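To start, the structure under review is shown below, and the notes come after it.
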Number of protein chains: 2
Amino acid sequence: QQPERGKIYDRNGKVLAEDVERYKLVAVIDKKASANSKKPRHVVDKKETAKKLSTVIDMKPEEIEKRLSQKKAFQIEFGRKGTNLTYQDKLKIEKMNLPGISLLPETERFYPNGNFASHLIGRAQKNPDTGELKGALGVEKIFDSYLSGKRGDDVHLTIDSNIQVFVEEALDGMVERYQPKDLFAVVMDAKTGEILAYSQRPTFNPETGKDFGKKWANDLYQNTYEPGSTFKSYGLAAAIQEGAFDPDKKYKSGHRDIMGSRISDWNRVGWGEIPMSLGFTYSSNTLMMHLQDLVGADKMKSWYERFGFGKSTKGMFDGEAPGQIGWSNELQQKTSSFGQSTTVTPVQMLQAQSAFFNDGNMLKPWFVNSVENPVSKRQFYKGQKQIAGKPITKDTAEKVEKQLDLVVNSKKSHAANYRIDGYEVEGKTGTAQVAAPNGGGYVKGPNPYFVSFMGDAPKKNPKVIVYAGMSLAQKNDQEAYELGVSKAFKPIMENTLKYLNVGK
Amino acid sequence: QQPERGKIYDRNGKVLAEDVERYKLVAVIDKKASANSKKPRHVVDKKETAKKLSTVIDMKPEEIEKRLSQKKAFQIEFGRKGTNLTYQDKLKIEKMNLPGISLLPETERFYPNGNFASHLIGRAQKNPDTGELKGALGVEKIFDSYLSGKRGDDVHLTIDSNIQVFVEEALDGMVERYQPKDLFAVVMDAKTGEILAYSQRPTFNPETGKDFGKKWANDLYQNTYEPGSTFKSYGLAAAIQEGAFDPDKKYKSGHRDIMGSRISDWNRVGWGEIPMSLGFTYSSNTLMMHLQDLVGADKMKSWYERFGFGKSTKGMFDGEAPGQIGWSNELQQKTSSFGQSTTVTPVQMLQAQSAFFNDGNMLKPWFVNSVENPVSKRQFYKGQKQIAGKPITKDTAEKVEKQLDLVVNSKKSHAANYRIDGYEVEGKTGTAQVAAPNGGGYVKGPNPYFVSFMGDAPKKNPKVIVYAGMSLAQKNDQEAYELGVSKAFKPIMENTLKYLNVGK
Ligand SMILES: *C(=O)[C@@H](NC(=O)[C@H](N)c1ccccc1)[C@H]1NC(C(=O)O)=C(C)CS1
Ligand SMILES: *C(=O)[C@@H](NC(=O)[C@H](N)c1ccccc1)[C@H]1NC(C(=O)O)=C(C)CS1
């Protein structure tokens, strides 16, 4: 028969996916089966058999009888409700001692946590003819040649199921409240790059197949976003190191005219001549345009490239999107400074953000801990911390971190809804416009925003980074604009900090 | 945003897959949208709107009214029923001039023939956030990087849509009649290895997604079979070339005792001492075991290996199965001589069978004619005839072909139901036992057979090879044993021979 497909484990050894034995119900209905035998080998009483079978399977007795009455057939099955039956279901049916009724063992792929990190783990599909399982998405697909067999190798993830629960629960909350078109959250260990939790909405249920195929793209590695103002931190880091950002230097706020278009601070008028530090706390768009002018267009492109953007991070997911740095003209360049036109993956954002908490060294994020075989003990692969690049100095990092502290904790902050009681939080907010897939423009509406937060806690020396974004709320779009992802970040961040024994 | 994904063509240039424009229905329901305008820009009459809208979309107005009556919402959409709407559907709705009602264009992937070579062409899935299309099976998947974009490249197949119809129609016939667990048919140009038509059952509908994912395996390249007595031709080819098969020399029919198991000819008793040609006409199992004894176990293993079995043919389908030559012991070796224990892909059988019609040269089967871009005119790839290997001599091929002629047309033939009026037909039959997917035995039952025919016509100098197999008929399983796949081979072969202008 088939070799046992390897298991997918979480960082603490909990099974995320495995092979189990289930059972399919089979009924011989042709009288010829009992010709030679003393006790009947087929269904004599269709009515009683159907009545009694409906006590285990989710079928009405008239339907079982209908299927039981098909002609020119030796055996019948009962569709979706005849299979994936439990060992308990088997025993119930066998005690019934129904003639012609049997249960046939079948291998199924079992996901013990159901809808749980689904767009990461993936789904294995079965070929009924041979029972052969073949991964169709995520880890099951990426690592299909190892997982398959004699027994396949196991794949151990960096995911912590305890932190994953916090994420899953938070995302359910977001959907209920905001019904967004797309949504994701990811928790990364701030010192190693390990992905401790990831999920997205909408997603699917690996165990039932529900909604599988409706959205093939994994948001972390394969989808791309105009990030919005969370992108401002890398412009700021560049400005700091080049000697263009002085936190106390004043600058002319208000607007800039770019190729005949008005790019304004979010209040249209600005605040007059204000210190550069305050403008970042306000998320002043003119600040970033001004800083770009200081550093230089050519230099700013290299800066964004040296932060990893526009190229794949080379993770172990299939089809990793590279994004692109929008630099074709001044309008694209100026809008890229606050995170429009340029497109990114969430994994790129995690990689760049990590520079500020590792003396300027970007960490390559990673989610595969081990591929190894449990019978032979052969280890094929082992994940590890890896520096993707050191684009800034330690001094620049600390100076970036000070403005991220002020974004949340300045008296003039517009991000106090992201604060958590007992825990010092910092990060950067984003409210970004999202391109219409057909239409060549931005999606229109009262608040047609991709709202996001790139946060970390405890501030200065964080244990985890939390990045969460929500695209185009369809319910409560006013609150989505006012609160961003704060109703996701707080329950994720707080519960993780508690589980990791960080002190309040 | 997205480039146009390239097209999939048939050998004569008919579109099998392309990008089209469809439509999604959008209803603004907030009064603020019509606040500034004189005529309402939102849905004022929800009841009338819902009643009228249900004349186009598959939704009952009681449900439409509920969705139109959601709070904290500006716009609403209508799920799966609100999208993939046609231009005809669009004009109808716009004729209603319902307030707040709009149509938004979306790119969809269109398969003009619906359920048509579906397990070869495949299906591309859409990521709603960006509209980006991604092949999930078949040619759409294999050639996704070429089809994707700026405009994607085209993929031209060797399939002839005209012959495909014959196959599609015959396979529908078999299902209705026999309800098999598995079924496939394939037409190959006998002199080039081109795949002119292929299909399987059950399958899916690329255009709607119906039943997609239910069975991932492509029967031609990815599924494996104990072929049964169609495998005998390669044993015969070996014996001929080794000097062990003489058509007129007699042999002891009846049975052989192999490792304590009695393996008999299909009528249990045999026919006494009969000539070897007649035994092949009868599909005598003991003949093949006797021939194996003559040639030698080791030599016979090289023979099946040199006919290509046990290794992938190195085609351009993903995850091509290798099969295996079942040789662990005498019982496995001896049953392999009549096509059990050993497993194969249909593509291997086609490759080996072509030897008999090309002076012994095996042809590599192939189905991709061209990958090229219609804007730049760059050709990335062009398919061609290729000799997989010449395992036998011209003389041995001719001698095999003579026994395949007698299999169908001897006065003592047991295969006359495969004859076609006006056309000289030849081939080899198979009635094989099928291994239990979970368990250690063969599927049990009245006629638990994988029945097949490996045929070609016109005989001796055929224009096409037709291979068809049917696994485990659930309806009319007795007739399946008596007629094999003849109710599929005859209409496929006859309609193709006529379409190809072969004279009756
Ligand atoms: C950064 O993301 C920046 N976004 C914008 O300038 C867009 N165009 C915008 C969206 C809504 C209202 C005004 C402008 C903004 N940064 C933030 C933030 O930090 O969340 C906000 C709220 C507006 S300015
Ligand atoms: C070849 O396929 C061969 N098959 C068998 O010997 C199996 N074990 C069998 C199945 C049904 C009945 C008897 C034996 C047979 N070849 C053929 C044929 O050419 O189709 C038949 C019908 C029986 S012997």
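Every chain is numbered from 1 and lettered A, B, ... according to where its sequence line falls, protein lines coming before strand lines. Atoms within a ligand are numbered from 1 in the order they appear, just like the ligands themselves. Values below: all heavy atoms of this structure, side chains included; hydrogens, waters and symmetry mates excluded.
The drug at ligand 2 is cephalexin (bound form). Counting heavy-atom pairs under 4.5 Å, the chain with the most contacts to cephalexin (bound form, ligand 2) is listed in the PDB entry as Penicillin-binding protein 1. Other chains with a heavy atom closer than 4.0 Å to cephalexin (bound form, ligand 2): B. Binding site of cephalexin (bound form, ligand 2) at 4.0 Å (heavy atoms): B:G228, B:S229, B:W266, B:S283, B:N285, B:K428, B:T429, B:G430, B:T431, B:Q433, B:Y449, B:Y481. According to the PDB, the organism given as the origin of chain B is Staphylococcaceae bacterium. The entry models a covalent bond from cephalexin (bound form, ligand 2) to B:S229 OG. Heavy-atom contacts of B:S229 reach the following atoms of cephalexin (bound form, ligand 2): 1 (C), 2 (O), 3 (C), 4 (N), 15 (C), 16 (N) (cutoff under 4.0 Å).
Residue contacts with cephalexin (bound form, ligand 2): B:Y449 is placed with no nitrogen or oxygen under 3.5 Å of a nitrogen or oxygen of the ligand (distance criterion only).
Close approach to B:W266 involves these atoms of cephalexin (bound form, ligand 2), each under 4.0 Å from a residue heavy atom: 13 (C), 23 (C), 24 (S). The shortest N/O to N/O separation between B:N285 and cephalexin (bound form, ligand 2) falls below 3.5 Å. Of the N or O atoms in B:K232, none lie within a sub-3.5 Å distance of an N or O in cephalexin (bound form, ligand 2).
The shortest N or O to N or O distance between B:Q340 and cephalexin (bound form, ligand 2) is not under 3.5 Å.
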